Engineer: 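Lab note: structure loaded, ligand of interest is GM6001.
Below, chain A is the first sequence line, B the second, and so on; all start at residue 1. Going by what the header records, the deposited coordinates were determined by X-ray crystallography, 3.0 Å. Atoms within each ligand, like the ligands themselves, are counted from 1 in listed order. Computation of the quantities below employed the complete heavy-atom set of this structure, encompassing side-chain atoms and omitting hydrogens, waters and symmetry-equivalent molecules.
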There are 2 protein chains.
Amino acid sequence: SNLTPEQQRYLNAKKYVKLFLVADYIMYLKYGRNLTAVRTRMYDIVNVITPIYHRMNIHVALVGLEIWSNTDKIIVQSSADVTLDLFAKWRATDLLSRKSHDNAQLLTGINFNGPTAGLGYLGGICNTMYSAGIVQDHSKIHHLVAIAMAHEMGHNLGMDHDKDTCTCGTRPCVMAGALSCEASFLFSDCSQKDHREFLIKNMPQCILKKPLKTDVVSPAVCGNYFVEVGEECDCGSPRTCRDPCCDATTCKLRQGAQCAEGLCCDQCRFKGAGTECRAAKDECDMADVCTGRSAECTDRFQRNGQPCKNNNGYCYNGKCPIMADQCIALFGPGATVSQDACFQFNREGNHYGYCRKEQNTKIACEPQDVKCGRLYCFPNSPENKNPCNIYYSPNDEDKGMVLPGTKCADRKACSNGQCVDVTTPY
Amino acid sequence: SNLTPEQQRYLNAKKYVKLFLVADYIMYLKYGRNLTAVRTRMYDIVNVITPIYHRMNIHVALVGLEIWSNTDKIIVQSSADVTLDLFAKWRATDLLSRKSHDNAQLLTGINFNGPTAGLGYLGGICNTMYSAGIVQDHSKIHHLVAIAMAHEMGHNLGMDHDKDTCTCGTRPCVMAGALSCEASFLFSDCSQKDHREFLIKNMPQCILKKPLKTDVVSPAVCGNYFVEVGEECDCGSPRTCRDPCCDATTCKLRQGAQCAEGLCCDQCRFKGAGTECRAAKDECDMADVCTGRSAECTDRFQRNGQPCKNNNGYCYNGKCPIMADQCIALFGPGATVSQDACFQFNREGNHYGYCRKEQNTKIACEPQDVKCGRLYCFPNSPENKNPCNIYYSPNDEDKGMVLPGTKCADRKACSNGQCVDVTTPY
Ligand SMILES: *[C@@H]1O[C@H](CO)[C@@H](O[C@@H]2O[C@H](CO)[C@@H](O)[C@H](O)[C@H]2NC(C)=O)[C@H](O)[C@H]1NC(C)=O
Ligand SMILES: *[C@@H]1O[C@H](CO)[C@@H](O[C@@H]2O[C@H](CO)[C@@H](O)[C@H](O)[C@H]2NC(C)=O)[C@H](O)[C@H]1NC(C)=O
Ligand SMILES: CNC(=O)[C@H](Cc1c[nH]c2ccccc12)NC(=O)[C@@H](CC(=O)NO)CC(C)C
Ligand SMILES: CNC(=O)[C@H](Cc1c[nH]c2ccccc12)NC(=O)[C@@H](CC(=O)NO)CC(C)C
Ligand SMILES: [Ca+2]
Ligand SMILES: [Ca+2]
Ligand SMILES: [Ca+2]
Ligand SMILES: [Ca+2]
Ligand SMILES: [Co+3]
Ligand SMILES: [Zn+2]
Ligand SMILES: [Zn+2]
């Protein structure tokens with residue numbers, strides 16, 4: 001109730017963690033230079049992690065797998081801390097450059113200094129440079145290694161270590177700071193909360209996108225609640241399965257049934273074509289309709305240029321980019337758009353003030369394209385004595401620039417560093 | 001059901017296990033190419049083993065450590081069975097030829113196929129071809145890796161897996177078929193009995209020899225029940241120590257104490273000079289007496305020459321070496337000394353028949369020193385057609401020759417490939 005319609009809508013949204021596992025050189029050697037063995041080892045670990053996170057309304061999906069059999073791609077060392085750091089960086093510049101994934105975990109055969117069996121950036125989930133974690137293949141029992149991985153992933157998802165009071169049952173919980181073969185596959189009531197609050201406050205977007213059945217590289221497992229290649233539906237085990245449209249025993253649709261789950265499926269039958277499946281959430285969202293011959297129901301948004309937010313902007317691919325909200329995202333609450341005069345600094349085409357970067361140079365904004373270059377904000381505070389303040393980033397000079405589609409005038413929005421009319425398909 | 005003098009005598013003897021550990025290349029990489037780390041690992045493991053086996057009157061002592069930091073000497077595969085064989089043969093071939101030890105254990109970071117976490121020949125202790133075992137550094141907790149090694153060594157000591165009727169408390173025992181991370185460091189009642197029986201019906205001699213304090217390659221540890229360099233005594237950990245003569249904390253004798261161990265040590269004091277500390281086992285043995293100013297009991301014997309074995313041999317360093325028994329030792333029962341004529345082949349000076357080596361050459365025997373070269377025996381098998389038979393080891397050529405002090409002529413014995421008189425100090 002206290003949660004915005006979006007927050008509640010976010011929490012209710014099923015979660016997916018497109019995971020990308022990585023086995024290091026020692027893992028390859030550890031398993032007799034047998035890629036099949038290493039690969040299988042990982043698959044199993046996943047078969048333990050998946051059912052664990054189901055109780056968190058999160059489906060871990062192995063969308064990728066890499067075994068450094070020819071040689072490691074990062075200086076994996078006894079220092080769990082350094083290893084994590086190097087792994088994350090590699091993951092940010094190398095891996096993410098060729099394979100899109102929500103989180104990556106490193107399974108190494110090396111032995112980290114001290115009792116630590118893994119590390120994972122707290123809340124780093126979805127984050128390009130922090131949604132990672134490392135785990136030592138510390139025990140022969142893969143069930144224990146999986147828990148270790150779930151632990152690290154637990155951190156990535158905002159969860160902390162269980163404190164004395166925290167409980168999940170009569171045995172230790174995944175987030176217990178110390179392992180043991182008496183460890184369960186349950187998260188303490190604390191973890192449950194920490195996670196929830198984390199989600200509410202951050203709402204990491206990436207964990208919302210469901211991977212394609214083909215994106216999953218893990219051997220299809222019937223009963224894991226996820227329809228994988230070769231399966232028609234997955235409602236879990238015959239005992240837990242609650243969908244009459246599916247045969248939990250073989251993961252196949254039952255005679256007559258055309259679909260099992262989905263917004264466009266009622267009583268095991270494709271909803272009539274034209275029937276609405278998803279209503280409009282905002283003034284830029286367009287109610288979705290069922291094709292009638294499919295089980296899914298793609299999402300569509302209003303046509304760009306559609307006035308939104310009391311005529312303060314124009315819809316852009318479902319969103320309503322306002323120059324005001326952008327300042328609040330760059331500097332925080334209370335932040336406001338600097339007066340017009342400020343944007344005139346874009347006509348200088350200097351290091352920060354510009355509109356477009358054709359090749360690598362900087363083109364000064366045209367007198368009528370100023371509000372499309374660098375965004376000048378002003379934190380509405382009785383302290384700040386500067387009306388014009390920009391948000392620069394040495395790494396990305398685009399960061400801090402007026403987002404595309406941002407209303408730069410009446411019936412106009414920024415396309416490519418220029419204030420153009422919103423009456424033209426953009 | 002009864003126990004023979006030699007058996008009881010053997011049982012009472014303090015047992016020692018000069019262990020040699022070997023780490024594979026993966027172990028090297030598994031610990032960041034840090035020899036200190038790998039050594040420390042092996043050291044910690046021995047620290048857990050020692051106390052376990054002491055309860056068995058067995059003092060484990062690390063007399064050798066070899067880390068294959070450059071390359072493995074054998075092809076360590078995921079097949080435990082094949083690795084055990086390769087290692088067992090390597091030891092019998094390369095290792096034993098470089099350093100003497102009672103038993104070797106291969107600690108590898110490789111993962112064995114299936115649940116197997118180690119392997120070790122049954123009752124192969126002291127055997128040059130079977131006193132070996134392979135252990136997987138499967139867990140991060142060296143405690144479980146120690147129990148694993150203790151388990152394999154257990155087999156080497158004639159111990160077998162525990163039956164559901166065997167116990168050692170509430171926790172599972174070392175020789176438990178399944179390795180629980182809650183496993184204790186105790187041996188089941190069955191384990192202890194099989195061991196006793198094994199020792200009685202075998203009496204592996206190598207474990208009777210105590211390792212010189214200078215042979216222990218492992219760092220001195222006050223509490224390892226072994227008086228190493230810089231220690232006056234070692235009653236184990238200060239917590240378990242029960243010896244009223246030793247300061248378990250400093251491994252120093254307490255005030256008013258002259259000793260803590262020794263046949264000539266009683267109640268922390270030296271037994272008075274003259275006191276008997278050992279009876280004569282055979283006819284070539286002389287009762288031993290305490291000096292009064294020492295805790296040890298030197299085992300003196302009869303002067304070499306004393307008639308023994310019903311006048312078939314002459315005492316030699318506490319033993320009565322006679323060809324009669326030698327043949328039986330080399331070719332089993334029924335084997336008897338061949339007829340004089342045979343020994344003539346020793347004059348041959350050829351490949352096998354000789355009396356002694358200079359360096360690479362062999363000084364053939366002479367008409368009299370003939371019966372002091374290669375021992376000639378013959379099987380009593382009716383199907384036998386050869387009177388002169390020989391035992392020859394291409395590995396060690398000395399093997400098969402007549403034993404020193406062995407009664408050759410009448411009142412003479414073999415000294416150095418020569419039949420010298422027994423009256424002369426040989
Ligand atoms: C690589 O590892 C795989 C297993 O991880 C080995 O294949 C297994 O072989 C056994 C028979 O000994 C089968 O019972 C298993 O089902 C197989 N595992 C599966 C499902 O692949 C394979 O032999 C190893 N490679 C080699 C030849 O060393
Ligand atoms: C090589 O391995 C040894 C471990 O045997 C490391 O030494 C340890 O260093 C830590 C400090 O980080 C101490 O707390 C431990 O007590 C040390 N172990 C012992 C007993 O030596 C050493 O730092 C490693 N070297 C490298 C390059 O990492
Ligand atoms: C197998 N090793 C373990 O169980 C050690 C135990 C431990 C860590 N710190 C300690 C301080 C005192 C006593 C024991 C420990 N803990 C770990 O590996 C945990 C480390 C962690 O919290 N990583 O984020 C991750 C694990 C939960 C998978
Ligand atoms: C960590 N894995 C284990 O505990 C497995 C369990 C196991 C062996 N055989 C089985 C058959 C069916 C199911 C499980 C097993 N056992 C071992 O590693 C034991 C193997 C052995 O007997 N070595 O001599 C050595 C061990 C005591 C250290
Ligand atoms: Ca499935
Ligand atoms: Ca829609
Ligand atoms: Ca000691
Ligand atoms: Ca004596
Ligand atoms: Co003792
Ligand atoms: Zn943690
Ligand atoms: Zn066994």
Engineer: Which of the ligands or chains here are copies of GM6001?
Structural biologist: ligands 3 and 4
Engineer: Looking at contacts alone, what is the main macromolecule next to GM6001 (ligand 4), by its name in the PDB entry?
Structural biologist: vascular apoptosis-inducing protein 1
Engineer: Which other chains are in heavy-atom contact with GM6001 (ligand 4) at under 4.0 Å?
Structural biologist: B
Engineer: Hey, which organism does the entry list as the source of chain B?
Structural biologist: Crotalus atrox
Engineer: I'd like to know what other ligands and ions lie under 4.0 Å from GM6001 (ligand 4), if any.
Structural biologist: ligand 11 (zinc ion)
Engineer: If you take every non-hydrogen atom within 4.0 Å of GM6001 (ligand 4), which residues does that pick out?
Structural biologist: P115(B), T116(B), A117(B), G118(B), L119(B), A148(B), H151(B), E152(B), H155(B), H161(B), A176(B), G177(B), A178(B), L179(B)
